[PDB]
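In this PDB entry you will find methazolamide.
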Amino acid sequence: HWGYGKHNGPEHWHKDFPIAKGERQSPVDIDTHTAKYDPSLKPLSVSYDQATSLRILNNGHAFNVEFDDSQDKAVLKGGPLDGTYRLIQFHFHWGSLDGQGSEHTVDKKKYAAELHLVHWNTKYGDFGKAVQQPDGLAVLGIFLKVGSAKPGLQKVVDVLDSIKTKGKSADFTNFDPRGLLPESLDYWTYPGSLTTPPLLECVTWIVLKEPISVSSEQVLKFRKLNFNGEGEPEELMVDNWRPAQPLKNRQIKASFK
Ligand SMILES: CC(=O)/N=c1\sc(S(N)(=O)=O)nn1C
Ligand SMILES: [Zn+2]
């Protein structure tokens, strides 16, 4: 099965998922000098005050925090989007070292980790239908850099012990994802794909320009997770990121000048 090790990592995915070599794959490098300011772009509208987190799960590739998405509780609108997108889960990608870990890069700069808030277009009725549509998902990407601790992340960091191996989950209620947002919502946007298999090209990416900072100690706790399941050989969950893919026929737009 696919993963991030040397025999089954990203450069192998195309043998099982040939869309890996598609025209609108993610992530990409954001060249800040060739991105186009588009004043047609609206501000983002993040409405997370009624969010209901349910659970945190180690799925063998990352950990996900899952939300109740059976109603318009936590939604994303505005920006380049049409319609209403519901939050279903968030997860991170991170590195073995502080100089790598993010999926997107900015003028080839890598960050220590990248947060993905995944949302699906309610007009398609459920997540599984949405991933079949070119406008079905909107993923908010936020970079993490190492510096001062992020207090709103510590609830997540503290439970990681209880989901160390693949397939473990824990109740994770009353977590407020607003505590993970930077001060500014300026962004870049481009049409792209999921960054793990099945690599479907159904995502409007919205990548925030301002990183959040987390402490060394917080990211170190990410690095103690396991890709393996309980009882199996320990393989630390690190470097679960996909490298930048060719931009091909796409334009990155910026909401700011
Ligand atoms: C969110 C979900 O159910 N799946 C995902 S989200 C995703 S990501 N990385 O955000 O692009 N990749 N995949 C396969
Ligand atoms: Zn992701």
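Throughout, residue positions are numbered sequentially from 1 according to the sequence presented. All heavy atoms count here, side chains included; hydrogens, waters and symmetry mates do not. Whatever order the structure lists them in is the order used to number ligands and atoms, beginning at 1.
- Every copy of methazolamide included, the relevant parts of the model are ligand 1.
- In the deposited model, the macromolecule with the most close contacts to methazolamide is named by the PDB entry as Carbonic anhydrase 2.
- Other ligands and ions closer than 4.0 Å to methazolamide, by number and name, are ligand 2 (zinc ion).
- Looking from atom 4 (N) of methazolamide to the surrounding protein, the closest heavy atom is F127 CZ, 4.4 Å.
- In this structure, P197 counts as a contact residue of methazolamide, since one of its heavy atoms falls inside 4.0 Å of the ligand.
- According to the deposition, there is no covalent link from methazolamide to a chain.
- Taking each of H91, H61, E103 in turn, the one with a heavy atom nearest to atom 10 (O) of methazolamide proves to be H91.
- The bulk of residues of chain A touching methazolamide reside in UniProt domain Alpha-carbonic anhydrase.
- Taking every heavy atom of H93 and a limit of under 4.0 angstrom, the matching atoms of methazolamide come to 9 (N).
- The UniProt annotation of substrate binding in chain A and a heavy-atom cut-off of 4.0 Å around methazolamide together pick out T195, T196.
- Among the UniProt-annotated Zn(2+)-binding residues of chain A, those with a heavy atom closer than 4.0 Å to methazolamide are the following: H91, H93, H116.
- Residue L194 holds the heavy atom nearest to atom 5 (C) of methazolamide of all those in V118, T195, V203, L194.
- Nearest to atom 14 (C) of methazolamide by heavy-atom distance, out of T196, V131, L140, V139, is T196.
- For chain A, the UniProt active-site residue nearest to methazolamide, measured heavy atom to heavy atom and given to 1 Å, is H61, 8 Å.
- Nearest protein heavy-atom contact of atom 1 (C) of methazolamide is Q89 NE2, 3.5 Å.
- Within 4.0 Å of methazolamide, judged by non-hydrogen atoms, the site holds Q89, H91, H93, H116, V118, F127, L194, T195, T196, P197, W205.
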List, pair by pair, the atoms of methazolamide and of the protein that are both N or O and lie under 3.5 Å apart, giving the separation rounded to 0.1 Å.
{"residue": "methazolamide", "atom": "9 (N)", "partner": "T195", "partner atom": "OG1", "Å": "3.0"}
{"residue": "methazolamide", "atom": "11 (O)", "partner": "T195", "partner atom": "N", "Å": "3.2"}

